[PDB]
Every structure is written in C-alpha cells, then in structure tokens.
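Please read the structure below before turning to the comments.
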2 protein chains.
Amino acid sequence: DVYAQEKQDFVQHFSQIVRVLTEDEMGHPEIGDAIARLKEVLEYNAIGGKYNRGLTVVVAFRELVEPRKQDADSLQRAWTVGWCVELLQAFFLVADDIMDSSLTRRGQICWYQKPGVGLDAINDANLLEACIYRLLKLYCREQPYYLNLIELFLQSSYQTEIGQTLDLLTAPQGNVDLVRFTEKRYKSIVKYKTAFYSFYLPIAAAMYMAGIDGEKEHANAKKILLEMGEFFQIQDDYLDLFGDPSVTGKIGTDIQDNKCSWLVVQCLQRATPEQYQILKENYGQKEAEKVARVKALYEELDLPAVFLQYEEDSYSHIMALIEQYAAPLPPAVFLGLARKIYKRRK
Amino acid sequence: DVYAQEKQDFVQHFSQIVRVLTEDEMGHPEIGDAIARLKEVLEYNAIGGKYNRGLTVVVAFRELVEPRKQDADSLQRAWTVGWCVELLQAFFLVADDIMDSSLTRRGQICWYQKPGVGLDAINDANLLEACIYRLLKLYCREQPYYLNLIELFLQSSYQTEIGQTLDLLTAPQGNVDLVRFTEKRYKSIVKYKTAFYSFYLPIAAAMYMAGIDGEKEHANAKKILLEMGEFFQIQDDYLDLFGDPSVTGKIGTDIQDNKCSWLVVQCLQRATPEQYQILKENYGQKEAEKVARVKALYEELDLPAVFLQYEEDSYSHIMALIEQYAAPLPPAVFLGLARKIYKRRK
Ligand SMILES: C=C1CCC[C@@H]2[C@@](C)(CC3=CC(=O)C=CC3=O)[C@H](C)CC[C@]12C
Ligand SMILES: C=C1CCC[C@@H]2[C@@](C)(CC3=CC(=O)C=CC3=O)[C@H](C)CC[C@]12C
Ligand SMILES: O=P(O)(O)C(O)(Cn1ccnc1)P(=O)(O)O
Ligand SMILES: O=P(O)(O)C(O)(Cn1ccnc1)P(=O)(O)O
Ligand SMILES: [Mg+2]
Ligand SMILES: [Mg+2]
Ligand SMILES: [Mg+2]
Ligand SMILES: [Mg+2]
Ligand SMILES: [Mg+2]
Ligand SMILES: [Mg+2]
C-alpha cells in the first residue's frame, strides 16, 4: 500500500538507470555492442518481478529522512540505490537459475535457457553486479555514506555467496543423505542465502542514506530483518511445491535438485520409519513419478497445514521482535514490509 | 629476475591469505563447511600459475616506495594486494573456462570439469571475487588509498566483463561470420578483456599504494600498459594453437569456439578467396579434422613467422612508449614487466 503507491514512480526510474548505464560509456563507441547486450541483459533480468526489495529502500528512506531533506536529488539517489538492490537480486537469480537447473523465472524462460544465451549468462550476471557499483559512483560518489553503501553491498554479496555454497554443498546431485537435512543446518542456509540481501540490505541501505550509521541501531534492525528473512525463505520453499506457477512465475525444482527445503526438514521430523524410506528412494531424482510420490507424502502429513500454522506463529514472533527492537526507528518501516510478505503467494 | 627473486616470499604469503579468509569468519561455526569449500576453491584456483600479475604489484611497490616507508606492515599490504590481483584472475578464469568449454588450466583439469563441482563453479567464482574486497577491508581499511583501490578493482572487473561480452558476442557457436573478425574489433576485444586487469590494474594498484594518484601519471602508465596488454593477448592467441600444453598448462579451443583470435584476423588479411572458403567451412566447429585443416592453412601462410615478426615490432614500440611515457616513474617498473612477457611460452 505504501509500497503499491510508490511502485509506479520507481519503475519509471528504470528507463533512466538504463539510459545512464548505456550513455556514460557510449562515449566509447568500440564497446557499443557490449552495451547493447547489457541493455538486453537488464531489460530481461531486472524487470518483471514485484520490486519489493528495491521499493523497501525508497519507502524506508521516505520514513527516515525529514521531508525537508527529501529534495529531488536526494530522491533520485534513493530510487537509484533501490535499483542497485534490484540488480543484486538479478545477479544472484540469473546464476541461481543455472545452478538450480530451473526452467522459468517471473513468468518467462530463464535467461540461460534462451536460445543463443546459454552459459554466456555467467558473464551477463557478473555485469549486472558491476552495474551496482557504477551507479553508486554516479549518483552517490560525493555523499558521506558512499563507502558505507559499497561495503554494505559487497558484504551482503559475500554473505549470500557463503549461503549459496551451503545451499549447494547440502544438495549434491545423485547423492542422498536425508540426514544432513536438519533444522540447524536449514536456518543457517537461509540466513546467509536469503536473509541478509533480501531484508537487512535494503533497510540498512536506507539507514545509511539517512545518516543512521550506528552499530547498535543496525544490529537491532538486523535482529528483526534476519528473522523475517527466515520466514520469507520458508515461504519460498513452500511455494516451490504448492505454489501456483501463474502466480509465482516459476516452476519448482527443490525435490529434483535434492535441496534442504523446509518441507523436507519438517517431513523428516514427522516421518514413520517406512515413510522415511519412501523419501530415501524418491528424493533428489529427476523422475516425475518419484517427485509426485514425495509430494503425496508431504500431503499425507498435512505439511501445508503445518506451513499455515508456522506462518501465523512466525508472524506473531516477528511482531514481538518489532515491539522489542524497532526503537528508535518508526515501526511503520518494519510493519509495511511485514504486511508485504504476510499471506503472500508470488 | 626481480620477479624471480620475489616469487618465493610472495607464494609463502598465501598460507596466511588463506588463514585470514578462513579464520576471521570461523567465529561463525555454522558456515564452517562453506569456509572449508572456500579453502578448497582457493587452493585449486589461485595456486599453480606464474603469479606475474600479483608479483607485479610487489615489485612495482618496492620500486616506487622509499625503502624507509617499506616497513613490515606496509609490505604485508603490498603482498596482500598482490594476492587480490591474483584472485581477480582466478575469478575470471574459472568462469572463462566454463564459457570457453575448456579442458585444462595450469596443468590440471578445469575446476568445473572436476567430478562433483560442475556448475557450482559459478558460485565458487563469485566467492573468489568477494575475497578481494574482504582482504582490502582487512589489511587496508585505514589507508588513504583504500577507496582508490576498491574503485580500481571494481572498474577493472566491469572493463574485463565488457571485454568478455565482446569476446562472446563476436563468437556465437555454430554461426560463422568470418566477416566480423577485423583488426578494429580485435583490438577492442583484447583491450577490455585482458589489458586493463592484466597490466594496468596491478601497476596502478601499486601507484595508489605509493601515494601516486594523479590523473596524468595514471593515464601515461595506462598508455604503456594497454599496449603491452594487446601484445600479451596476441601471444595468448598464438599459444592457444602453437603452444606446447606441457608449457602452457592448457589446451586450445579458439577455433572450435569460433573465436576472434589474432590468428584468424591475420589469416583473413592474407587469404586467397578459396582459402577463405576453406576457413568458412572448417572454423568454429568441434570436429578435430576440421580444426586440423584450419591449422594447416595458418601454417601454409607462415603465420607463426608473422607472429615472430609481430613480437619484435611490438616489443620495439612498447619500448618507444616507455621512453615516451615512463617519466617520472622508474623505467625498471615497465622494463621488468616487459622482460617477463618477451619471448614467453607459458
Ligand atoms: C525470490 C525473491 C525474493 C527477493 C525479491 C525477488 C523479486 C520480487 C524482484 C525484485 C526486483 C527488484 O528490483 C527489487 C526487489 C525485488 O524483490 C522477484 C520477482 C521475485 C521474488 C524474488 C525472486
Ligand atoms: C592467461 C594469463 C594472464 C594473466 C596471469 C595468469 C597466470 C600466470 C596466474 C597468476 C596468478 C596470480 O596470483 C597473479 C598473477 C598471475 O598471473 C596464469 C597462470 C597464467 C597466465 C594467466 C592465466
Ligand atoms: O529457492 P532458491 O534459494 O534457489 C530461490 O529462492 C533463489 N534464492 C537464491 C538465494 N536466495 C534465494 P528461487 O526459489 O528464487 O530459485
Ligand atoms: O583466451 P582467453 O581470453 O579465453 C584467456 O586468455 C583467458 N582470458 C580471459 C580474459 N582475458 C584472458 P585463456 O586463454 O586463459 O582462456
Ligand atoms: Mg533457485
Ligand atoms: Mg538456489
Ligand atoms: Mg526456491
Ligand atoms: Mg578461455
Ligand atoms: Mg575466453
Ligand atoms: Mg586464450
């Protein structure tokens, strides 16, 4: 709602992002075709999602900066840093789609699945990542938060890469152990792979933009935002099987890819020993009838109801955590973002 | 020789690089297995090469800093930033080996060809890249060049990514045009893909470390170092076909992968029209007997002698350029590095 009003202005800022990334180096004409490829890379892989992470930067920045400091320029930078978060997303997703062997993202074919792209997508991703640092220098080089922002985006990438390594190490292809799929391991994976970049990064970005740089106000924000990130990823895992691909824009692969999904952890916690074996025989394999058998087993332990039950308790806990740690920040910052992910199905 | 003395001290600094990258986050035990994977990623993909780029940082830093400023700490940082260049290399190479479909690198199997790695290598690469920025913060956070160094490593990555995009766009699989393979296009490709990160980056890194930050002293260094980078890449293209894989540590793929190699550009400049057609029919295809036919054609126009002739003229020109633009820097800086690549065959 605070999100939904601001969407349109934020999406229109994208034409200029692209202009400035295409223009400022087209005074080197020799790379023109590279630049043209960048444009394509951006339009295919930055557009088409819900923009919530990039919107979170703009919304929070509105709520933390005094409106007499929100000049036209200061807002440009807010929307630009918003788009920097978006490009980080795009970067990890393009590479994740390859490592996860996914088919669709945001309602279209994955970039690496497009005829004539393939594993060139690897360098496409890396460019998306560089564009972040290009814009920071363009729009924020002279701000006193410029270095905070750079360290923040770099630190959040390392964290999410450490998370992916854990994601991939725990899901080796053609190689079961059910046994590594614990709660402790799960929470660790999801903390690093999703929670820093999807929640802490954008709010912190907007904190540094407003001049709130103190270690304690960041750690407290962090406490709320990691826990919301855990919830968000459990939701992502539930939607990978039980979501509607016309809503989510994507087809699940967690069972196939042998993943430490929340579903499988819960499953294992509930399974009779012979249910265990059915899982053993059928998990992490590409065969459609073996996936279907796992799903049935999940359904047979009411894991969709266990998800709906988790969602309520997590929500109540995040809200407790907001009552606890929001101060001295406006609680609307956390509340608007919790509203945005509660009940969600894309 | 200045290189060859300093090698051993530089390579021994690698144990500590790895220690500090493994230690400083092992106070989070939950990621321990990620960290262990990093260690592996580093030992396989940072070790085994000639270290010339990372050595160039240490050598030049010795030559530009007054020896009364080369305290133990100041040298730590030199060797560390040396290793940061090395990790940039490692990052691009791991990804290049995938996009080039290569077999071996540095005398062993490519990381992505190892059983149980595969396309997980994508995230391995990204980590290598993050490690650069981790070390900069660890060893240089309080230096007045810290931000110059960060912008330099980021800018050099964007440039080399723009170069790779050009490299890949000009070499679409199963799709000849001989016709895009010009001199102008060639020089552009090689400038961006190799010349900034392999030559300008390390010397500039060492300039910023010595407090030489002026735009004019950088542009002049740049003028020498881009041209040396062009030469170095033409050498790389010649070795891809005519090099000895026990020296180079790697097997060629430029013809197979349909690349704008220097060899093919030269070829096209020399070809009778019916030689042209032989090239047309045989270039950019995986079939061993069609590659052999191209090689024969290259040999039939004495392109190895044309390479030996280019090498001499380029050398004389780089030396002219050094006479022109080295000032006020010690010419030994450029000379030691030109000695290192003249006559080279790994
Ligand atoms: C799984 C996700 C969680 C993180 C967000 C991300 C978005 C919503 C896109 C998006 C673009 C942007 O510019 C800024 C923020 C964004 O969130 C995509 C569509 C689907 C959900 C996904 C992939
Ligand atoms: C093609 C190249 C040109 C750039 C350098 C690079 C090295 C020599 C490794 C290396 C490691 C390091 O830490 C610092 C510098 C380095 O050069 C590898 C072995 C082969 C040549 C290669 C791949
Ligand atoms: O399930 P994943 O972690 O691979 C995913 O959530 C992507 N992602 C990657 C890192 N954090 C989130 P997606 O379902 O978008 O494929
Ligand atoms: O030939 P390439 O450019 O792919 C190569 O030189 C790697 N490289 C990549 C960018 N710059 C240099 P290598 O021969 O090492 O595979
Ligand atoms: Mg995925
Ligand atoms: Mg994934
Ligand atoms: Mg998922
Ligand atoms: Mg290659
Ligand atoms: Mg290549
Ligand atoms: Mg080569």
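Below, chains carry the letters A, B, ... as their sequence lines are ordered, and counting in each starts from 1. Note that these values count all heavy atoms, side chains included, but never hydrogens, waters or copies made by symmetry. Counting convention: from 1, in listed order, for ligands and their atoms alike.
- Structurally, the main neighbour of ligand 4 is the chain that UniProt identifies as Farnesyl pyrophosphate synthase.
- Looking at ligand 4, the drug among zoledronic acid, brivaracetam, medetomidine is zoledronic acid.
- Other chains with a heavy-atom distance under 4.0 Å to zoledronic acid (ligand 4) are given as B.
- Annotation: atom 2 (P) of zoledronic acid (ligand 4) to nearest protein heavy atom, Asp236(B) OD2, 3.9 Å.
- Atoms of zoledronic acid (ligand 4) found under 4.0 Å from any heavy atom of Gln233(B), numbered from 1 in the order shown, are 1 (O), 3 (O), 6 (O), 12 (C).
- In this structure, the other ligands and ions lying under 4.0 Å from zoledronic acid (ligand 4) are ligand 8 (magnesium ion), ligand 9 (magnesium ion), ligand 10 (magnesium ion).
- Only the side chain of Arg105(B) comes within contact range of zoledronic acid (ligand 4), with a heavy atom under 4.0 Å; no backbone atom does.
- Here atom 9 (C) of zoledronic acid (ligand 4) lies nearest to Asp96(B) when heavy atoms of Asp96(B), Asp100(B), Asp257(B), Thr248(B) are compared.
- Residue-ligand proximity: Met99(B) is placed with every non-hydrogen atom at 4.0 Å or more from zoledronic acid (ligand 4).
- Within the deposited model, no covalent partner of zoledronic acid (ligand 4) is present on a chain.
- Distances between N or O atoms of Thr194(B) and those of zoledronic acid (ligand 4) include at least one value under 3.5 Å.
- Within the 4.0 Å heavy-atom shell around zoledronic acid (ligand 4) one does not find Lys259(B).
- Given atom 3 (O) of zoledronic acid (ligand 4), the protein heavy atom at minimum distance is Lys193(B) NZ, 3.0 Å.
- Between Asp237(B) and zoledronic acid (ligand 4), not a single N/O pair is under 3.5 Å apart.
- UniProt's Mg(2+)-binding annotation for chain B and the heavy-atom shell under 4.0 Å around zoledronic acid (ligand 4) share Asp96(B), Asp100(B).
- Listed by number with element, the atoms of zoledronic acid (ligand 4) under 4.0 Å from a non-hydrogen atom of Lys250(B) are 13 (P), 14 (O), 15 (O).
- For zoledronic acid (ligand 4), the heavy-atom contacts closer than 4.0 Å come from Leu93(B), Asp96(B), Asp100(B), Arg105(B), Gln164(B), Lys193(B), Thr194(B), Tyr197(B), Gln233(B), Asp236(B), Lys250(B).
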